[PDB]
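Structure, as structure tokens:
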Amino acid sequence: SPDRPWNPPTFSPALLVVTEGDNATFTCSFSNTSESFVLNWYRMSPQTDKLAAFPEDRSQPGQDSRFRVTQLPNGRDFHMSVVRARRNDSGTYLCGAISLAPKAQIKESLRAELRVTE
Amino acid sequence: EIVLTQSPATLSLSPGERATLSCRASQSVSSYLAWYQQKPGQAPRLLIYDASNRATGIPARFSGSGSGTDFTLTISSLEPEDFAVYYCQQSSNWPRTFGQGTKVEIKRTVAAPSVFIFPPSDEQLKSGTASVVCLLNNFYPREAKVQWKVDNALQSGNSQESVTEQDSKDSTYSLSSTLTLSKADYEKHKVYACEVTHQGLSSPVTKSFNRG
Amino acid sequence: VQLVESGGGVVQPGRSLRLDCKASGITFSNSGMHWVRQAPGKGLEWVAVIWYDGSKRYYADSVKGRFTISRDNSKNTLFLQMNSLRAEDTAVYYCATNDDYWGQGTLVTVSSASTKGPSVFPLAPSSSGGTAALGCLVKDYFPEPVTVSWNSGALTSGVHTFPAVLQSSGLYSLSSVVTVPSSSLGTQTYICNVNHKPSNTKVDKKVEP
């Protein structure tokens, strides 16, 4: 550990169940004053898939979106939200923090599950 | 210390061509290998760390592979910007060890050199020393041999070469070998010849002159 | 968002010297730091590392007992103490964080040679392929670099200035050559322009066949 211990973010809830077509939301509370970190939203598969992130990535085309990440006023907790949830949106979700150095180092939270009924 | 060998020494390509560079370890670093980029007169630039992970703000065409002992950096569509020297590095243990580096060279048509020989400056003698310069202008590739031959006789252990960096437009090199002899020994011989060999030369050409 | 280094240049053998690297617009205090040198014309060589707090530090075998690496996290300055310097220690020393932020690099030249002005000798041309080649030979000077122009930057086409090579005397020497049309020799006068700023030397040589 030359650099310095940097403790990972968190997720909630462990199991979130929303009806289909409805809106689901997870809360990631991550705090670091030092340096520059970017938050990322993920869902896995039989294997990272990047859904949203904050600051909001505008780099790739594809206009609107379902998945979005936004910081809450207290400036610690963040809102991870899928809107208009399908049936196949179910799966293992998670969040992670990422630094801005070229050799950037990433740490992820403890994965949570989402369920879509109906 | 771990010995990282990079292959090849030089790589001659053009914009758009694939680039694959290899690194071999005296031991195993697992995935702790990194790859850096360096242009002349600059600082090293990280490209790929942990053999897969790409550095931030680094173009997608850049990539890496390999694990344990052998690893490969790759550039899919090469770009004129990408012509530089590439070193790898292991973070496995201490001391961190780099490689000798691979040089990615601009590939052009094969042009033979122009051989020029300069007798010692008349004034340089007024000092008590003599320098003979054999100039080679505008050729490719870089591979060149220069044998100094005084009066049919052998010689070596004397000379030092120099080669300019690759020409911007032309894409060719230039080499100048100097021969510095005591003003005395210089005067006690007759002919000073420069024998050169290049992959563009149909037969090795030799430039020379006489003291008179 | 930088790392600025300091404390470089020329020093005689056995005499010490100390580098300073001051990071900015980052968090220095929490990143780890490295030292990497490179001999001129040769590849990079790792030198030393210090953990962010200073709990541990590792060196290169080549620098053990001689060099010392430390950091003052207050001033956000990395320090490198280089003692018992040998001519082989000539290199450019970069500081880099473990997350790979690198600086400009600082130049340290170790030599026992005094600062001397260059001698400038003409290289007489031709006898070529339709063009004539005439150089000028800049010898036995120190230290580098030396700016060369041809006819005060009024002739650039065919100008080739070779990298100076260090020679057994501990003094650098180089050759600057220019290619011109044969028939032009004598309608157009050729004058070489040598500058060595540290030695404060400016010389103009008139090259004629």
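The lettering of chains (A, B, ...) simply tracks the order of the sequence lines. We number chain A the same way the PDB entry does; the residues here are 27-72, 75-146, in that order. All residue numbers given for chain B refer to the PDB entry; the residues shown span 1-212 in order. Here chain C follows the PDB entry, giving residues 2-128, 132-213 in order. Looks like X-ray crystallography, 3.3 Å, at least that's what the header says. Side chains included, hydrogens not; waters and symmetry mates left out as well; all remaining heavy atoms used.
- In this structure, the drug found at chains B and C is nivolumab.
- Among all chains, the one with more heavy-atom contacts to nivolumab (chains B and C) than any other is, according to UniProt, Programmed cell death protein 1.
- Measured with cut-off 4.5 Å, the chain of nivolumab (chains B and C) with the most heavy-atom pairs against chain A is chain C.
- At a heavy-atom distance under 4.5 Å, the epitope of nivolumab (chains B and C) on chain A covers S27(A), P28(A), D29(A), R30(A), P31(A), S60(A), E61(A), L128(A), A129(A), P130(A), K131(A), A132(A), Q133(A).
- Paratope of nivolumab (chains B and C) for chain A with heavy atoms under 4.5 Å, by chain and number: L46(B), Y49(B), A55(B), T56(B), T28(C), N31(C), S32(C), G33(C), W52(C), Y53(C), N99(C), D100(C), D101(C), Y102(C).
- What the entry calls chain B is light chain.
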